[PDB]
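Entry overview - Farnesyl pyrophosphate synthase with pamidronate in place.
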Number of protein chains: 2
Amino acid sequence: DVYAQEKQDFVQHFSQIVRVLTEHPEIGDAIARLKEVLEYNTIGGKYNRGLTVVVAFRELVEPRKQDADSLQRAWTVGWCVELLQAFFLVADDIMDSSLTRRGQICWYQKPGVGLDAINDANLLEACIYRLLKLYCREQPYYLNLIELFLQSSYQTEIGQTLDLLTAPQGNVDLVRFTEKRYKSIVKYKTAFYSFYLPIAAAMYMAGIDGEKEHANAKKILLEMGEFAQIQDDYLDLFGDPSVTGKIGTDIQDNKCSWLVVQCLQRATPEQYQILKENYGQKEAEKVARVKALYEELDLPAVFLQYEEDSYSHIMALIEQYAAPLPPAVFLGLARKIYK
Amino acid sequence: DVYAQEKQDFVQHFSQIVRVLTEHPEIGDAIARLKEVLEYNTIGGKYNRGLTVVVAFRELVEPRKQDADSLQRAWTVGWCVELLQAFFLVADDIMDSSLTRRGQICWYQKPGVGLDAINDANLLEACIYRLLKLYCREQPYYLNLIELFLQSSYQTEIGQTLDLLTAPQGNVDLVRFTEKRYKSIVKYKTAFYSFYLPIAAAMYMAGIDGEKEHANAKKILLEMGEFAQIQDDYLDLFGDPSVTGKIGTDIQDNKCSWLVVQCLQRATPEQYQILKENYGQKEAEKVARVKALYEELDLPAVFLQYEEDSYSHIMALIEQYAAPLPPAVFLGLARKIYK
Ligand SMILES: C=C(C)CCOP(=O)(O)OP(=O)(O)O
Ligand SMILES: C=C(C)CCOP(=O)(O)OP(=O)(O)O
Ligand SMILES: NCCC(O)(P(=O)(O)O)P(=O)(O)O
Ligand SMILES: NCCC(O)(P(=O)(O)O)P(=O)(O)O
Ligand SMILES: [Mg+2]
Ligand SMILES: [Mg+2]
Ligand SMILES: [Mg+2]
Ligand SMILES: [Mg+2]
Ligand SMILES: [Mg+2]
Ligand SMILES: [Mg+2]
């Protein structure tokens, strides 16, 4: 629990991030709206990505080099990752027609916001580079960070494209829901920005810029990302919204979920037809019918066994590729992800 | 007409831009969608911003330094500006609830596209930095260009925020439609990316990176941007869609248009009430009523006089601040904008 006490210290730095980003009186009204956007969307999460930057920074840099300004740049780059997340989620909730996020109504669903949330999400993305310029402009890793935040956006956007193309509204897409398709979607849409980006940001900030070390870390982190998305898909249906903070839509949205991939792999010809007639539709009785089929195929028990096989697999990859990084960097993140 | 012959040469370079951006078989389907997005949204315009990069590059660099690779980087940076435009317009058409753009139906209005256009617009933005990396990575102006494309996005997004905040759907906002408000909106939402960004990109590519020269060029270019937006607002209502390629929505969208600012400045107490009761609403009879009031206040004649006063003003600013740049750089763009 290296991030447990570090959680409140990280959140305490948000007020300054806002003050700096909310510092030309003509654009006053727009700046007031940006503060309102930041406060609604970048707060309320677990901050696992933002904290990973800070915790990984501390574990990779010698304390004699961890000065007040150096640490300030670490929390700031941590909050840049949280703004990247906030950008993706504001937009993903519109495209996934979501209702709630982190225990409250979706920013676009708020009266008086609507489709203006599209520009609001883009302002969240713009703020990353605004922060990187304000704090990392003179640093030798400045361009490496910008290129890493830009590349992470492209990877995710390419992943979202795959996600939306495999899930067309109104079209039976069971033929597309394969294991190979699934692994490509989750690698691009989640695994790069959620696991590779926070550790790589800390690595570049610690002067670790070698291609081999970044490739070795990536081998561990992308496999961890694959599990986090399988867990996210499992919780979309079998998770408690009081804990998850959001309401699942994967069945209604005809999404290439891990569960439907597992359903199709185990379904009898009769069970496939029930799935065909009820998947990808808005009717509650159809969604209920799909959830009834999943429970009949013991997919929650199939997920339990997967979590164990996956945990053992990621641990074998940490033993294989962690060096010369402290294994604590990868274990702390494994601890946050597995329960 | 320094861009007239240069138009077809610029468009001929698009096929390679697509081939390079559409060059991991797993993401094949997403890459096919990106090509479809590029071909629908980055083609059909006048390409004035993209051509300005190329024409300004030619006029600022000595021909002995204008090699095949150097020129290739110029057309590519020109197409980066066209992709920035395509990103903003795909998103602006959703938020402005537009029907057509460049003679065809809006990408989001297309059956099977919808709100997925949000991710499509973000992929267009991602492509800029993908291109800048592929062609300008080794150049000394690489970071200056990235920072200029990022800063231009923020400026525009801050401008769009002002634009949407001044135009709330369902609220009478005539008190907000002032000359001071108007000049702030158009400076941020249009003037920076449409006029400063193409010339500044060429300036950095020509090794002109001095703050004073960039400030002097900005003085001319932002004032030119203010006129281009006044002309855009005028054409929203009094322009021919066969020429403009789009259908005006400013009255229905309760936008802080130059015309409504001019209406309010000249309206009798009785005329103000007709505007109050009919502006910002979707009913055709209400929009017709507003257009009838504008024509009664001779706003098309008021625009004619403004275009002349503005032309004389921008020409005085070129005489004042053009040096040491060739005046041809600013005159060619003035020629494209004024008619
Ligand atoms: C990409 C994933 C699977 C979904 C959201 O991530 P988080 O679970 O980290 O959400 P927040 O804590 O930031 O709200
Ligand atoms: C920002 C302005 C005022 C609107 C669109 O610009 P253009 O008139 O340049 O549009 P395209 O030629 O690119 O279609
Ligand atoms: N990966 C971003 C958002 C998600 O994880 P979320 O379940 O909406 O939070 P998705 O399932 O849409 O991929
Ligand atoms: N500036 C971007 C788009 C516009 O010019 P357009 O008239 O929609 O092309 P707006 O009037 O919305 O500002
Ligand atoms: Mg989602
Ligand atoms: Mg999604
Ligand atoms: Mg999910
Ligand atoms: Mg518009
Ligand atoms: Mg607009
Ligand atoms: Mg307009």
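Chain labels are A, B, C, ... in exactly the order the sequence lines appear. Using the PDB entry numbers, chain A covers 8-30, 35-350, in order. We number chain B the way the PDB entry does; in order, the residues shown are 8-30, 35-350. Numbering of ligands and ligand atoms starts at 1, following listing order. Header lists the method as X-ray crystallography, 2.1 Å.
Within this structure, pamidronate can be identified as ligands 3 and 4.
For pamidronate (ligand 3), the other chains with a heavy atom below 4.0 Å are labelled A. Within 4.0 Å of pamidronate (ligand 3) on heavy-atom distance sit the residues A:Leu100, A:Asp103, A:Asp107, A:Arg112, A:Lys200, A:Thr201, A:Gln240, A:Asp243, A:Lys257.
The nearest heavy-atom contact from the protein to atom 8 (O) of pamidronate (ligand 3) is A:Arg112 NH2, 2.9 Å.
With a cut-off of 4.0 Å around pamidronate (ligand 3), the other ligands and ions picked up are ligand 1 (3-methylbut-3-enyl trihydrogen diphosphate), ligand 5 (magnesium ion), ligand 6 (magnesium ion), ligand 7 (magnesium ion). Ligand-side atoms of pamidronate (ligand 3) in range of A:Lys200: 10 (P), 11 (O), 13 (O), range being under 4.0 angstrom from any heavy atom. Proximity to pamidronate (ligand 3) (heavy atom under 4.0 Å) is shown by no UniProt isopentenyl diphosphate-binding residue of chain A. Among the dimethylallyl diphosphate-binding residues UniProt records for chain A, the set within 4.0 Å of pamidronate (ligand 3) by heavy-atom distance is A:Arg112, A:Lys200, A:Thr201, A:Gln240, A:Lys257. The atoms of pamidronate (ligand 3) that sit less than 4.0 Å from any heavy atom of A:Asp107 are 12 (O). Nearest protein neighbour of atom 11 (O) of pamidronate (ligand 3), counting heavy atoms only, is A:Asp243 OD2, 3.1 Å. Distances below 4.0 Å separate heavy atoms of A:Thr201 from the following atoms of pamidronate (ligand 3): 1 (N). Ranking protein heavy atoms by distance to atom 3 (C) of pamidronate (ligand 3), first place goes to A:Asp103 OD2, 3.3 Å.
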